[PDB]
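Below is one structure, written out as structure tokens, with a few remarks after it.
Letters A, B, ... label the chains, following the sequence lines from first to last. Quick note: numbers on chain A are straight from the PDB entry, i.e. 165-253, in order. Chain B uses the PDB entry numbers throughout; the residues present, in order, are 29-161. Only this structure's heavy atoms are used, side chains among them; waters, hydrogens and symmetry mates stay out. This entry, so its header tells us, was determined using X-ray crystallography, 2.1 Å. Read the numbers this way: they start at 1 and go in the same order the structure lists the ligands and their atoms.
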Amino acid sequence: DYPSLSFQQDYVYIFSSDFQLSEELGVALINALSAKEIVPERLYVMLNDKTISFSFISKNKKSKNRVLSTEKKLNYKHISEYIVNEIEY
Amino acid sequence: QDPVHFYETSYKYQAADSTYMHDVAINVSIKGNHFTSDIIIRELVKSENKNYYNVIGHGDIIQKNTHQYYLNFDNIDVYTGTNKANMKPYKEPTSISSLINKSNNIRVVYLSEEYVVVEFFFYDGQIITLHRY
Ligand SMILES: C[C@H](CCC(=O)O)[C@H]1CC[C@H]2[C@@H]3[C@H](O)C[C@@H]4C[C@H](O)CC[C@]4(C)[C@H]3CC[C@]12C
Ligand SMILES: [Ca+2]
């Protein structure tokens, strides 16, 4: 099956089978987006074995959807930095 | 009685070796338990559009619950070309040809009147928002 909802706070919804990683990434995402003064309507993140994906939802705009293939496993900091750079750009 | 519902979105994909990116448009229309879909892939391999793919699919969409669906394709066709205006049929690779032999899971994680958020089967797992029309 797909991973279920493993961390949820404010606008962030993380789907992963790693509960610890989910919280680390969720807190890092909230802190990084506040540092950029970026507030999504909702931000969905899915962590899988060889792929990360996210959907940044903003009111009355098309969602920003991204997929990153990773052969090497990425730590929560690099994942957070990826999402934050993609949303900005 | 079933009215036709329209969904659309796009995403960008970054390859593992970061040698290419895909810009992928998804269009899907549903009537009753039937669907047809068009997916367009633009391949950027040099910060430069050097390949296009057009994937057409149709079949049944089965509802397990209001949040769990599965897509049973009857057929998937692929076209390719370096220009969108002159696309040619492309022989399905057995891996993509075999997506027709798997009930492909769609899990709704958020449902609204203007959009839906799903986990679905691209890359063996992807989260995406689809906009309704
Ligand atoms: C068949 C071609 C070319 C592959 C090759 O032989 O190199 C693929 C290039 C991009 C792929 C598509 C692209 O990666 C997005 C989708 C991903 C999903 O896992 C399968 C269907 C997809 C819609 C998929 C279908 C197959 C193509 C269209
Ligand atoms: Ca076919």
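Picking from bucindolol, prednisone, vorasidenib, bepridil, chenodeoxycholic acid, the compound at ligand 1 is chenodeoxycholic acid. Most-contacted chain for chenodeoxycholic acid in this structure, per the PDB entry: VtrC. In contact with chenodeoxycholic acid at heavy-atom distances under 4.0 Å, by letter: B. The nearest heavy-atom contact from the protein to atom 3 (C) of chenodeoxycholic acid is B:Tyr81 CE2, 3.6 Å.
Under the 4.0 Å distance rule, the nearest protein heavy atom to atom 28 (C) of chenodeoxycholic acid falls inside the cut-off. Scanning all protein heavy atoms for the shortest distance to atom 12 (C) of chenodeoxycholic acid gives B:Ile69 CD1, 4.0 Å. The protein atom (non-hydrogen) at minimum distance from atom 5 (C) of chenodeoxycholic acid is B:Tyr118 OH, 3.8 Å. Where the criterion is an N or O separation shorter than 3.5 Å, residue side chain and backbone included, B:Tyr151 meets it with respect to chenodeoxycholic acid. Looking at atom 20 (C) of chenodeoxycholic acid, its nearest protein heavy atom turns out to be B:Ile124 CD1, 4.2 Å.
In this structure, the protein non-hydrogen atom closest to atom 15 (C) of chenodeoxycholic acid is B:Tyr39 OH, 3.6 Å.
With hydrogens left out, the protein atom closest to atom 21 (C) of chenodeoxycholic acid is B:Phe150 CE1, 4.1 Å, a heavy atom. Looking at atom 10 (C) of chenodeoxycholic acid, its nearest protein heavy atom turns out to be B:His50 CE1, 4.0 Å. As stated in the entry, the source of chain B is Vibrio parahaemolyticus.
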